**Q** 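One structure coming up, written as structure tokens, with questions to follow.
Quick note: residue numbers are just sequence positions, from 1. First listed ligand is number 1; within each ligand, the first listed atom is number 1. We use all heavy atoms of the structure for the numbers below, so side chains are in, but hydrogens, waters and symmetry mates are not.
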Amino acid sequence: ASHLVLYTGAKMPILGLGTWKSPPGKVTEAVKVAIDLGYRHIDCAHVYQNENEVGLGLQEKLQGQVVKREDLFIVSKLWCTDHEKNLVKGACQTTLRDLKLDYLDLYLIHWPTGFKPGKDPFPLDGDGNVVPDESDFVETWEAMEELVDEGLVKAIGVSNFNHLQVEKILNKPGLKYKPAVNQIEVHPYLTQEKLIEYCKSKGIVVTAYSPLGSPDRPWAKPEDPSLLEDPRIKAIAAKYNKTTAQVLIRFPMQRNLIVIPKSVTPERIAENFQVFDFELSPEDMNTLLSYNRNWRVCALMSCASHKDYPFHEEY
Ligand SMILES: NC(=O)c1ccc[n+]([C@@H]2O[C@H](COP(=O)([O-])OP(=O)(O)OC[C@H]3O[C@@H](n4cnc5c(N)ncnc54)[C@H](OP(=O)(O)O)[C@@H]3O)[C@@H](O)[C@H]2O)c1
Ligand SMILES: O=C1NC(=O)[C@@]2(CCOc3ccc(F)cc32)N1
């Protein structure tokens, strides 16, 4: 409904601006452009190293009265080095301070993997593996619930959790709040209909990250399948006189999934909002779904031996 509704009642805007890889000197302008274009949901994260600058763009629009705080859906994410129970409130408070916000609308446990605490976001050992920590995300979750109780965040969720990790939370003795969201990688080459179905049976909204398959991911070694340059999606795009991009964004929306496409380019931010004006005919929907190569762009391979690494499971 141009939004999905979380089990709390909160209306979560269906399209949002993604800010990973959005450089600090560009993201304040991208956020500003986006809110002027009507975007009311911004997806952020401590680890993106730009929440201050996202904060500046929001601030300007808020004091410039272009939007009200109640009309904004700001998401941020607890990073892996901050999973120890006692580190969770501090990590949320830094994020609130950098975003210059009194509360978040959604705070997600970014990855199920907790890493050794410290300033390095990926503590690596001599073998190049990331160093784990003494925590289970069930304890992290208990601290995340405290943020709801104190009013720092309006809802809590998870990101990159496999269905068995969500289950461990749902079956937690003394559970106060469920994940309201599971933000996971979704796009034609990783359609995820089984995890989506599981989250939906549990009443957990799904946000699809990397709808365009992350062309700019640092590790895009040239012989990587490009969804935007994929002749097939370009053809179905042609049928609508829309771009590959607009089609790839319409797809998760049509599957009742929140999309958060990233762009620091003003023109492409406008383009990406110009998707609510058509519907993909069900055949085309089925075409796109069939491309499921189970191809993951964000596999976090460096953490593959972590006890809580999410991707060895089917879904
Ligand atoms: N929770 C997680 O662990 C996680 C993981 C990955 C991503 N995410 C979230 O999902 C967001 C989106 O994913 P992503 O940034 O990884 O990748 P993405 O949105 O799939 O791809 C962004 C790339 O596509 C380009 N692009 C955007 N709009 C375009 C358009 N209309 N036409 C042509 N090219 C276009 C961007 O270029 P320009 O920006 O230069 O225009 C950029 O190179 C992230 O920013 C982040 O907020 C979350
Ligand atoms: O937007 C993103 N959030 C993330 O956790 C991820 C996916 C996995 O890999 C990395 C690596 C570095 C980073 F800053 C971020 C990421 N991308």
**Q** Okay, my shortlist is minoxidil, sorbinil, caffeine, penciclovir. Which one is at ligand 2?
**A** sorbinil
**Q** Could you tell me the main partner of sorbinil (ligand 2) here, using whatever name the PDB entry has for it?
**A** aldose reductase
**Q** Between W219 and sorbinil (ligand 2), does any nitrogen or oxygen pair lie at a separation below 3.5 Å?
**A** no
**Q** What substrate-binding residues, per UniProt, in chain A have a non-hydrogen atom within 4.0 Å of sorbinil (ligand 2)?
**A** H110
**Q** Which residue owns the protein heavy atom closest to atom 14 (F) of sorbinil (ligand 2), what's the atom, and how far is it?
**A** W20 NE1, 3.5 Å
**Q** Answer side chain, backbone, both or neither: which part of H110 comes under 4.0 Å from sorbinil (ligand 2), heavy atoms only.
**A** side chain
**Q** Given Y48, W79, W111, which has its nearest heavy atom closest to atom 8 (C) of sorbinil (ligand 2)?
**A** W111
**Q** Give the UniProt active-site residue in chain A with the shortest heavy-atom distance to sorbinil (ligand 2), rounded to 1 Å.
**A** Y48, 3 Å
**Q** Give me the UniProt-annotated NADP(+)-binding residues in chain A that sit with a heavy atom under 4.0 Å from sorbinil (ligand 2).
**A** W219
**Q** Which bit of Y209 is near sorbinil (ligand 2), meaning a heavy atom under 4.0 Å away: side chain, backbone, both or neither?
**A** neither
**Q** Heavy atoms under 4.0 Å from sorbinil (ligand 2): which residues of other chains qualify?
**A** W20, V47, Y48, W79, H110, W111, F122, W219, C298
